[PDB]
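Depicted below, hydroxychloroquine in association with Thiamine transporter 2.
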Amino acid sequence: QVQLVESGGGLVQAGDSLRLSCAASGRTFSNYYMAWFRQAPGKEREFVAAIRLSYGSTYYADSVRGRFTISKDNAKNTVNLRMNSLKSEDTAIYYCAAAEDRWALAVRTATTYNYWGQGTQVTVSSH
Amino acid sequence: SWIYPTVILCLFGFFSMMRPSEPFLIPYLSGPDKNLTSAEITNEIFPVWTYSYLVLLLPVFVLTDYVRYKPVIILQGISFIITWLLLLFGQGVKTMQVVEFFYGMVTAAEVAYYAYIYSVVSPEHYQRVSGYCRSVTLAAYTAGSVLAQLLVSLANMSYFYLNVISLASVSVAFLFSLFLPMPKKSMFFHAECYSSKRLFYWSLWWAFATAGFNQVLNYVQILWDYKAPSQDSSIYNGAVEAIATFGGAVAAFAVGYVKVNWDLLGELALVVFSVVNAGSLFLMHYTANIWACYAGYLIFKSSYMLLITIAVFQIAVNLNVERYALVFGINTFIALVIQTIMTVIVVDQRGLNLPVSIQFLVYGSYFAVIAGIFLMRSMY
Ligand SMILES: CCN(CCO)CCC[C@@H](C)Nc1ccnc2cc(Cl)ccc12
Ligand SMILES: *[C@@H]1O[C@H](CO)[C@@H](O)[C@H](O)[C@H]1NC(C)=O
């Protein structure tokens, strides 16, 4: 069984940056898509950014494009997401999900991923 | 009488195809002004161009015939303007998908440019005029490419201003388009060939080779970016594209000039050129040198032109001018269907979603397989 654990989220003043890390354990992770979604109160779960572990291919959402960067640190089986110039519209709970690489995989669809983390809350406060 | 429409149409074509920004699309899309990833560009944005082109081909072929060709040329100019405005000021993946849809519309509407001459120029002047309308357009593209490089290297311009220049060129082309004479008649609306085995055989090879060529062209730039990242190393996409286009034109001219019996040597020469295209693609895939990948692209383009010139000559040896339109329309539609199947299976995110680092292995295998199958039937 796969287990995804997220860390890093917290209260950050608007305009700063923050790094989130999702560590996957319980298996050897080399042929999985690792994606980040977010959900804010009164809204639906939104795609943030995905990475293909095997090839390193990366995908972003237009809302966070140019500000968020997703990378992988294989040394600890972790996927990182660095967010810069955070705005108040980024306040949410971020879930890292893992999907098995296979034919016809919809990266941006939340139903594609069968492994989800407990979620880490990122709140952006504007002074 | 033909000089006025010929000159106006050639001016429109030259300014429409003069696009300094074309060679530097991938460095522009993936640059710091659009920030799109190579996976998003290759597996989410670019495939759309095929789909729209396949969808809009037949309707536009009939519209072009019913509503005469000038309106369709003006629509192509408007589509050019909209596409380049969205490229200049669009941001995000969805806007790029719309841009691909509009560029597919432009490619579909390109048929009116080459079918317009028939309804205005007497049969006597068809051949030469067509040649002009072709020559000019090819020169325009080459010129643009060279200019782009001369501006990227010496003038140190940005990819944004190349797109600005392309927008200005397409705007001038549209203004010229507004002055073409109205055609008074049309081939079909306003006036069984495949039974021959040779026509079927040559059309099949033409369609498959065209599908492969267009698939390779849509992602050659992504392959170059993969091998030589544009954000850290000097790139020569304009010069390479100009030299490859010149080599292809020279290959076509050489095919035309040299007289040889293609009924007998055609299959042998075409198999050899398909093998050369496969080998060049294998070299692009395997080689880690960027100069080797440029040389492979040059060889592939020149050899494909050597191929397609002979294929078109064999198809069109006995076809009439009126039947050219429908036969080549069917052949390009079948080529688009094949390319769409290949894109859905290979490139699209709903298929294998292969990166560009493996796609050219598939393309080389595809050309080698075409050669292998066509080599058959010799005995038994
Ligand atoms: C004349 C251009 N052609 C024949 C080359 O001789 C090749 C175009 C393929 C690739 C380089 N270029 C695009 C691919 C996909 N989509 C695009 C959309 C736009 Cl707006 C511009 C360029 C696009
Ligand atoms: C593109 O990304 C760079 C940072 O990687 C950023 O400076 C720039 O503002 C972005 N431009 C856009 C989103 O147009």
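Chain letters run A, B, ... following the sequence lines, proteins first and then strands; every chain starts at 1. Side chains included, hydrogens not; waters and symmetry mates left out as well; all remaining heavy atoms used. Each ligand, and each atom within it, is numbered from 1 in the order the structure gives.
- Counting all copies, hydroxychloroquine can be found at ligand 1.
- Those other chains that come under 4.0 Å from hydroxychloroquine, heavy atoms only, are B.
- For hydroxychloroquine, the residues with any heavy atom closer than 4.0 Å are B/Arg19, B/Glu22, B/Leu25, B/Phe46, B/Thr83, B/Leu87, B/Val99, B/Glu100, B/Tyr103, B/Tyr141, B/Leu217, B/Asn218, B/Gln221, B/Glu241, B/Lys301.
- UniProt's transmembrane segments of chain B, taken in order from the N terminus and checked for a heavy atom under 4.0 Å from hydroxychloroquine, yield 2, 3, 4, 5, 7, 8, 10.
- The PDB header gives the source organism of chain B as Homo sapiens.
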